[PDB]
Amino acid sequence: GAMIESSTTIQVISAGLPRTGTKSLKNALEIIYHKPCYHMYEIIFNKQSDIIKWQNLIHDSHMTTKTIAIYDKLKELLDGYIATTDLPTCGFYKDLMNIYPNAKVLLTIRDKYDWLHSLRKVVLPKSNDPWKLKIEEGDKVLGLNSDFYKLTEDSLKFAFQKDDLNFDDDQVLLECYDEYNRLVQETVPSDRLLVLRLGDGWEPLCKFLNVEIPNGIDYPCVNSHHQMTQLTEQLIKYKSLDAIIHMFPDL
Ligand SMILES: Nc1ncnc2c1ncn2[C@@H]1O[C@H](COP(=O)(O)O)[C@@H](OP(=O)(O)O)[C@H]1O
Ligand SMILES: CC(C)NC[C@@H]1CCc2cc(CO)c([N+](=O)[O-])cc2N1
């Protein structure tokens, strides 16, 4: 159809948790809107200076006048982006809805056991898993320290609305997953919500957003734990991102 001039502001709020296809969705939204989408990748590879701001925001966000100060920081962080996905943003979906009243909301979901397994390989390995040491070695190469891991934990706790959380307990996480997804579908008006199951592809997304399907471009399939294992190993081998970045065309 016709080309229209789209506003550069948050148009889509994705409430889906990490390891539910948020990076493919990030890529898909950038393909559609030709402007950046927020993601943890954005923080890691472009705005590491944002880490302390999100930490500060989450610190303050257990609390009107205080709220507008929070909302204004949210707005600042997201300036120039057309959508949000993944931690740390997904836990703020209700506030993002107030701040951007004309934004639509997405929920990415998948089989809960697949989600947990993926989360253990990439985001939250058990502390006694030898792989955790490899993840940490690789993360140092990227310039990520304990503050980054703190942001991940605090933003997970914030999304799950838990004051603390036994990260090593699979049953706890599985139940938090189910409750989170459930709560989203109860909070957001069905008029304003689309639930995307992994594998659903362009069609239901583009219909929701009133856009044509990108011509000839397949719906992204990136950020598998196998690919992330390969990246970790390469990072440890070459000791830099820029030495290997050409081998991971997604980034
Ligand atoms: N188009 C697609 N179809 C099926 N699975 C997809 C997909 N895009 C991403 N995924 C899966 O979504 C997960 C990544 O999610 P996220 O980007 O939120 O971290 C990965 O799961 P696995 O680790 O099980 O392979 C990846 O395989
Ligand atoms: C060793 C190296 C490969 N680590 C980099 C990866 C990149 C993907 C990723 C994604 C998330 C959430 O999307 C989190 N997270 O919020 O913890 C951590 C990481 N870490």
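The first residue in the sequence is number 1, and the count goes up from there. One-based numbering, in listed order, for ligands and for the atoms of each.
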Colleague: Provide the name, as given in the PDB, of the drug at ligand 2.
Modeller: oxamniquine
Colleague: Which polymer chain sits in most contact with oxamniquine, and what is its name in the PDB entry?
Modeller: Sulfotransferase oxamniquine resistance protein
Colleague: Please say whether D139 places an N or O atom under 3.5 Å from an N or O atom belonging to oxamniquine.
Modeller: yes
Colleague: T152 to oxamniquine: N or O pair under 3.5 Å?
Modeller: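 Yes, at least one N or O pair falls under 3.5 Å.
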Colleague: Between oxamniquine and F148, can you find any atom pair, the residue atom being a heavy atom, that is separated by under 4.0 Å?
Modeller: yes
Colleague: Give me the nearest non-hydrogen protein atom to atom 9 (C) of oxamniquine as residue plus atom name, then the distance to 0.1 Å.
Modeller: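 That would be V122 CG1, 4.2 Å.
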Colleague: Check each atom of oxamniquine against the heavy atoms of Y41 and keep those under 4.0 Å away; list them by number with element.
Modeller: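 Taking each heavy atom of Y41 in turn, oxamniquine has 8 (C) under 4.0 Å.
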Colleague: Against heavy atoms of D86, which atoms of oxamniquine measure under 4.0 Å?
Modeller: 12 (C), 13 (O)
Colleague: Can you sort out which atoms of oxamniquine are near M228, meaning under 4.0 Å from one of its heavy atoms?
Modeller: 3 (C), 6 (C), 7 (C), 8 (C)
Colleague: In the protein, what heavy atom is nearest to atom 3 (C) of oxamniquine, and what distance, to one decimal place, separates them?
Modeller: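 The answer is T232 OG1, 3.2 Å.
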Colleague: Write out the residue and atom name of the closest protein heavy atom to atom 11 (C) of oxamniquine, then the distance separating them to 0.1 Å.
Modeller: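 The closest heavy atom on the protein side is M40 CG, 3.9 Å.
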Colleague: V123 heavy atoms, cut-off 4.0 Å: which oxamniquine atoms fall inside?
Modeller: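 In order of numbering, the contacting atoms are 15 (N), 17 (O).
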Colleague: Which residues of the other chains approach oxamniquine to under 4.0 Å (heavy-atom distance)?
Modeller: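 Residues with a heavy atom in range: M40, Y41, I44, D86, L87, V123, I135, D139, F148, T152, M228, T232.
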Colleague: Which atom pairs, nitrogen or oxygen on both sides, join oxamniquine and the protein at under 3.5 angstrom?
Modeller:
| residue | atom | partner | partner atom | Å |
| --- | --- | --- | --- | --- |
| oxamniquine | 4 (N) | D139 | OD1 | 2.6 |
| oxamniquine | 13 (O) | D86 | OD1 | 3.1 |
| oxamniquine | 13 (O) | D86 | OD2 | 2.4 |
| oxamniquine | 16 (O) | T152 | OG1 | 3.4 |
| oxamniquine | 17 (O) | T152 | OG1 | 3.1 |

